[PDB]
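Note: structure shows etrumadenant engaged with Adenosine receptor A2a.
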Amino acid sequence: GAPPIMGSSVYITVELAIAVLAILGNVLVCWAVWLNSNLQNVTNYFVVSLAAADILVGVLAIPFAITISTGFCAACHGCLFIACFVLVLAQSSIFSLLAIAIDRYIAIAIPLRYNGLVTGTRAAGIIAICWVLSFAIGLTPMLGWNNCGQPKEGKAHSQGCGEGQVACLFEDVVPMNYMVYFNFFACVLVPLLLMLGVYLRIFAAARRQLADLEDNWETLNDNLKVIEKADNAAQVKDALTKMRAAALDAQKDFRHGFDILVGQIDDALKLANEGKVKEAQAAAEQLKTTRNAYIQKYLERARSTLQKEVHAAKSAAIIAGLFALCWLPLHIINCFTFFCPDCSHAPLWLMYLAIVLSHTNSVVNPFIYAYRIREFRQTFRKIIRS
Ligand SMILES: Cc1c(C#N)cccc1-c1cc(-c2cn(Cc3cccc(C(C)(C)O)n3)nn2)nc(N)n1
Ligand SMILES: CC(C)CCC[C@@H](C)[C@H]1CC[C@H]2[C@@H]3CC=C4C[C@@H](O)CC[C@]4(C)[C@H]3CC[C@]12C
Ligand SMILES: CC(C)CCC[C@@H](C)[C@H]1CC[C@H]2[C@@H]3CC=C4C[C@@H](O)CC[C@]4(C)[C@H]3CC[C@]12C
Ligand SMILES: CC(C)CCC[C@@H](C)[C@H]1CC[C@H]2[C@@H]3CC=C4C[C@@H](O)CC[C@]4(C)[C@H]3CC[C@]12C
Ligand SMILES: CC(C)CCC[C@@H](C)[C@H]1CC[C@H]2[C@@H]3CC=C4C[C@@H](O)CC[C@]4(C)[C@H]3CC[C@]12C
Ligand SMILES: CCCCCCCC/C=C\CCCCCCCC(=O)OC[C@H](O)CO
Ligand SMILES: CCCCCCCC/C=C\CCCCCCCC(=O)OC[C@H](O)CO
Ligand SMILES: CCCCCCCC/C=C/CCCCCCCC(=O)O
Ligand SMILES: CCCCCCCC/C=C\CCCCCCCC(=O)O
Ligand code: NA
């Protein structure tokens, strides 16, 4: 049994290193959003709320975790607060991650009404509401779902604790049925699964819209070929009518290009209906000039916008997946403790790895933004250089 202060020194030193990096990186995120108006959008207000939670992991939750690792004597309800505050920050993170996913889904699924639906003032209200709900969820043990009514008196007496005091240890004061059924299953697992469903819908919507763009492009070029090798006016008419409905479907300098295109289709359709096949086919050949000068530029720009949305949704999904990767080990350990009382408790070294891993999640987001979002990376460079 090596002196506890030795392994404690390693744990504390690692925690302090994580706290420093979590503060510095997420302050940099908040500084970047404040300074750059290209970063001031609803999506990034949730990013800032998420960075604020991670700053508070460094400033408060990590000091609280160090404190409660000592088992020091404390009034049980005071011990509850330092045990549970991190649950508020994790819950706020969950709400921010879910909001980011939903925001990106609205942007990809109804972009025409996004800006009118998703506003900065509405985002700020949602963030306020989510922080209040995070306090209610994370501090629910302080409302009475706690073990303060059944203190471990032998542990308190062995440490010289005063009257009404307990040895302040997370698993002695926070009930494990709360941690497993309420916190993990209901408040963490269900929102993460909802996030997964939203991201699946985002990527499926992007895939469908890109396919729809390519289908309309092929229909345009296919029907032009049909007109060229048509042998009567009715065949020309058939292909032009299919082109006209498709042109309006793709319309839902951009406006000018489609105005020319639909007009040139109408010109050829009128000639077709007069039985002037050769003249209609010549009129339809003009469509190619409009296709090259206008329509192809719209196709490429629409594709480029969708691909950027896919890239941004992947970046956001990486953040959500890394949250799950960092927090799941601690939750899984709690499940073993709760569901398997015949199993030996996870060993002390694994406890400290799982706790430290959950704290490292507050370090990682600034790096994801830097490596994946040019506007962040460039703003980070300007802040650091200056
Ligand atoms: C909070 C949380 C969330 C959230 N939010 C989500 C899932 C799980 C947990 C969580 C957290 C902690 C815990 C313990 N400590 C202090 C500490 C540090 C080092 C060593 C020790 C020992 C020696 C074991 O007493 N104790 N900090 N967090 N313990 C447990 N079972 N679950
Ligand atoms: C906005 C920031 C500065 C507020 C930070 C306040 C923190 C550090 C304060 C607020 C409430 C405090 C706790 C309230 C009660 C107790 C019970 C006592 O037996 C031991 C200390 C302990 C556990 C306190 C530790 C410090 C504490 C967590
Ligand atoms: C920004 C301002 C409002 C600071 C926020 C105040 C918070 C940190 C303070 C105010 C009231 C405090 C609680 C007041 C009463 C008790 C009961 C006591 O047995 C232990 C501490 C405990 C459980 C305190 C925990 C921390 C607490 C919730
Ligand atoms: C999210 C990804 C990384 C999966 C994480 C898997 C981790 C958390 C799993 C894998 C194997 C698991 C261990 C397997 C067996 C035991 C023995 C038991 O007496 C206590 C729990 C303990 C020690 C488990 C703790 C959790 C554990 C370490
Ligand atoms: C989609 C995924 C990440 C959902 C989370 C998986 C969790 C809920 C699963 C994965 C492995 C599971 C554990 C595997 C083994 C045991 C040992 C048994 O004696 C009691 C239940 C217990 C402790 C399980 C509890 C639930 C568990 C922790
Ligand atoms: C880079 C930063 C430099 C930092 C410099 C060194 C950091 C650590 C110093 C002293 C540790 C004292 C720890 C306080 C007491 C620990 C209690 C303990 O070991 O846990 C027992 C409890 O009962 C659970 O079972
Ligand atoms: C915006 C925020 C700026 C900074 C805010 C401050 C940062 C937190 C520092 C330490 C937390 C740990 C505090 C708990 C210390 C407990 C020691 C203690 O009370 O021991 C005496 C005896 O155990 C009782 O009977
Ligand atoms: C775990 C406890 C959960 C608390 C349940 C109670 C829910 C209270 C909050 C509900 C969200 C409603 C927000 C309404 C604010 C006003 C919005 C508006 O004026 O348009
Ligand atoms: C920028 C603000 C950051 C706050 C700095 C706080 C850093 C201090 C870290 C941990 C405090 C640990 C308290 C130890 C508990 C007492 C031990 C005992 O009584 O046995
Ligand atoms: Na977080």
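Sequence positions, counted from 1, serve as the residue numbers for this chain. Whatever order the structure lists ligands and atoms in, that order sets their numbers, starting from 1.
Tracing etrumadenant through the model gives ligand 1. Residues with a heavy atom within 4.0 Å of etrumadenant: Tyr11, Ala65, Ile68, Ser69, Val86, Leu87, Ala90, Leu169, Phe170, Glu171, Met179, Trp327, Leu330, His331, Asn334, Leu348, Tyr352, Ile355.
Residue, atom and distance of the protein heavy atom nearest to atom 29 (N) of etrumadenant are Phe170 CD2, 3.4 Å. Nearest non-hydrogen protein atom to atom 20 (C) of etrumadenant is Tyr352 CE2, 3.7 Å. The closest protein non-hydrogen atom to atom 2 (C) of etrumadenant is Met179 CE, 3.9 Å. Within 4.0 Å of etrumadenant, counting heavy atoms, one finds these UniProt adenosine-binding residues of chain A: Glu171, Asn334. Listed by atom number, the atoms of etrumadenant under 4.0 Å from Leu348 heavy atoms are 23 (C). Given atom 13 (C) of etrumadenant, the protein heavy atom at minimum distance is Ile355 CD1, 3.8 Å. In terms of protein heavy-atom proximity, atom 6 (C) of etrumadenant is closest to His331 CE1, 3.3 Å. For atom 11 (C) of etrumadenant, the closest non-hydrogen atom of the protein is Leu330 CD1, 3.8 Å. For atom 8 (C) of etrumadenant, the nearest protein heavy atom (residue, atom name, distance) is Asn334 ND2, 3.3 Å. The atoms of etrumadenant that sit less than 4.0 Å from any heavy atom of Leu87 are 1 (C), 3 (C), 4 (C), 5 (N). Among UniProt's transmembrane segments of chain A, counted from the N terminus, heavy-atom distances below 4.0 Å from etrumadenant occur for 1, 2, 3, 5, 6, 7. Numbered from 1 in the order shown, with element, the atoms of etrumadenant that lie under 4.0 Å from a heavy atom of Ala90 read 5 (N).
In terms of protein heavy-atom proximity, atom 27 (N) of etrumadenant is closest to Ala65 CB, 3.7 Å. At least one N/O-N/O distance between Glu171 and etrumadenant falls below 3.5 Å. Not a single N or O atom of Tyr11, backbone or side chain, sits closer than 3.5 Å to an N or O atom of etrumadenant.
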